Structure formats: C-alpha cells, structure tokens
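Notes follow once the structure below has been shown.
Chain letters run alphabetically, one per sequence line, in listed order. All chain A residue numbers match the PDB entry; in order, they span 1-221. By the PDB entry numbering, chain B shows 1-212, in order. In order, the residues displayed for chain C correspond to 1-12 in the PDB entry numbering, which applies throughout.
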Amino acid sequence: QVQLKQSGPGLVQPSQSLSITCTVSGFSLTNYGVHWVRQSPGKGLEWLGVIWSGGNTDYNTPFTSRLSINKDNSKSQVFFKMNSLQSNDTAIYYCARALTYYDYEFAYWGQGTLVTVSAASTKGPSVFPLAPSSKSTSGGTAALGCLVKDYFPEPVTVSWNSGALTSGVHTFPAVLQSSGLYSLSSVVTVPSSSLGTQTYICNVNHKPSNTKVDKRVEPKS
Amino acid sequence: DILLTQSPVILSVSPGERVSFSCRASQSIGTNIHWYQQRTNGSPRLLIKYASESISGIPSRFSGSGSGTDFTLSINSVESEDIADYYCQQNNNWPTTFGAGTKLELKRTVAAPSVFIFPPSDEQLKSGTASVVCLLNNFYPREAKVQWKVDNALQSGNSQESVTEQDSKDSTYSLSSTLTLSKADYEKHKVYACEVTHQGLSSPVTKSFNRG
Amino acid sequence: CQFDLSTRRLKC
C-alpha cells in the first residue's frame, strides 16, 4: 500500500533550523513528486513546496529563501529543511503525494509532525494513576485513568493495554499550565468486576524527550 | 494568490439530514477544486477531486458541484462519523491554496454526564503537588458547569478544564476539571468536592471525598 | 475560531 511516514515531533529553538524525513513505501520517488504542507493556528493549511520525480523543486513564494527539499530515491526518503524559524512557524508539517505524478490532489498524507518553535527546554512528563474507587464506580462501571503532567512540548501519545483497550477511552486535549508546561489526563471506563482480573496500563510516549512510561493503574488500598 | 472563503464557519446538524459546505473563490477557477476531511487527530483525507469527481474508498453520500467561483460539498445523509472539519483547495492558479475550513457539529438528544472524582495519588504528593480530577463522562450538549469546594470554600482560578472533541459514534463530549494545589494546602484541608451542573440533570451532582 | 494543534481540529 502507499504510505508516507514522517520523523518524530520536537522542539526547534528560534532562529534555528527544522529538519523532517518522509520515508515512503508502496511507490517510487522516481515516479512521483512529494509535496510538503503545513497546518498552523494562524494560517491553517498552507502548501510549502514539492520535490518532483526528476529532482526539481518548487517552493511557495514566502519560503523560497529558507526552504530546501532533497531526496534519496534508493532509500525512498525525502528531506525537508527550513531555516531561521520564528514562533509562528509552530505547526503540523505533512509530506503528501498526489494521485498522479504531475498533479496536486493529495490522496496520500504523512501522519504529520508537530513542530514547536520555542526558546524553552524539552521536559518529559510525570505519570500518576487516577485510581478506580467507589467514588469512581456506578452501575457496575468503574472509571480509571492516568495523569500526564508537566511536559514540553506537545505532543504526547497515550494508549491503554498496548493498544488492546480502545473502547471507552478518553484522552483529553492537553492544557498549558502557568509554568509553561502541558498536562493531560486519559481516562477509560471498564466493568468494575474486571478490576480484580484484568490489568490496566496506560502507555505513555513523549517522543520529544524520548520518554516512555507504562503506568499500571489499580484500585487503591 | 487565490483566496478561498468557506462558509459558514460552523455547521450544526442532526443525523440523517442533508448538509452542504460552501467554498467561494476570489476569482474564477473553473472546476479546479478539491475537498478534504479532517477528523480529530487525523491527517487530511481527500473526498472529491476537480469539484465533482469521486475518490476511491469515499462513501457515496459525499458529492460536490460548482463552477467558476461558487463550489459546494454535500453530504446527503449525515452520520455521526462525519464529525470533522472540511477544507477546500484550489489549483487553477499557482500556488495551490486552501480554505480556512468549516467545522461540522452533530446534534443529538440531551445526555447527562456521569460524574467521577479522583483524589491525588500518594505518588504525586511526594513531588509536592496535589491534583484533584473531576470527570464528566459522555454528555450532551457541551455546556456544563464545574464548581470546586474545599471545606466549603469556593475555589476560583486554581482549576483547568479540558473537553474532548465530539465522539464519532455517540456524539457526546467528556470533560475533565483538574484542581491543583500545593501539597501543603492539600494537607491543611479535609473535604474535597466538585459540583456539576448540566441541562440533563434535574439537580446538581456532587462528588466528594475526605482526604484520608 | 482557529486551528488547534493539539486536537487537529478547529476551535469554537
């Protein structure tokens, strides 16, 4: 199948440069162009440029001076690089492939890469259990969760039981605390009778700081 | 550059109803417009190419029309899984440009929240901070009030709320309210309570605990 | 309102 997979999210210091890799499969870079689009709060969807089958590049006008796109056909990799970022370059960056080799209807997208431009430092989260109790149990259903606190920058991925538990899961959007660090909770509702039999583990991955925690959550003593 | 203006900014409709999205261009662009869907935490998904041409894998309920400057994306019978943002894109004129998007919200019957409260863990208390979490699960509509009280003292300015996007299956929302205190403050008090007010409740729901 | 980087959704 046609797939585009991007390198991970991270923090870029103001004035420094941004680098992202798009590794593609299910097609050849010698036969298709690969485009780059970003999505920001201020400007929304914005086309940045493209590297064509034969190696030529076009860059959108405002980015022509600080953008370069290169590629490695044999490795099926496309390399995106942007210079001197300011805070408003904070955005989700995508690589994309059109339906035909010459066109611009983007049928295939990378998963996106959230890039944060900030002078701050990267910080992994602490993970605390939100334990099930009688005060979180009603009608045979217990709620439980994980508190993912004090990290920077976004994003954090959270799953439960290594992906096997998805039903009734709610991972809330992170809030920005006054410290400038983010915090979120992820909750799930399960049958209360399962609490003594099934294990519940929230899998937390904060890619920017290379922090991975599996937090087991149990009814408190 | 071509400016694409999408209207309205937000659409709110009931399931099974027909819905349509407008994209107006600053100058004529033939039928060189494509439509995309973006779901929560997702990458854009190509729905229609060249104003009206179908895309493999896209449900038949999606269709497009329009010529010149006035374009329309339609969903003949909306389903809950259609909760998303919708974007148009022109490519008659370099560089290709996108609209600012239209958000598609779904209506449903009133559903009261199930309320749960969580004391801070002993692990967090070690770090010197106490977070108390109140959970409002699976409710509609989105509007709700959460009031925190500690030993009958109304709390203000020391909590944060987060609301999920609409659920793609049942069209509900869930909400968290997190009360944050220093461990010192937390230990100086006994009764912790969040009171929830919502349209679907005949009276406020209070969940509480005593520290220890 | 604007686009939210956390949820990849438009606010308000």
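According to the PDB, the drug at chains A and B is cetuximab. Of the atoms belonging to B:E165, it is side-chain heavy atoms, and not backbone ones, that fall under 4.5 Å from chain C.
Contact of B:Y86 with chain C is not made at all, since no heavy-atom distance falls under 4.5 Å. Proximity to chain C (any heavy atom under 4.5 Å) is shown, for B:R142, by neither the backbone nor the side chain. Lab note: heavy-atom pairs under 4.5 Å, cetuximab against chain C; most pairs for chain B. Options B:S43, B:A100, B:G42 differ in how many heavy-atom pairs under 4.5 Å they form with chain C, and the most are formed by B:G42. Defined by non-hydrogen atoms within 4.5 Å, the binding site of cetuximab is C:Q2, C:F3, C:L5, C:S6, C:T7, C:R8, C:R9, C:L10, C:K11, C:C12.
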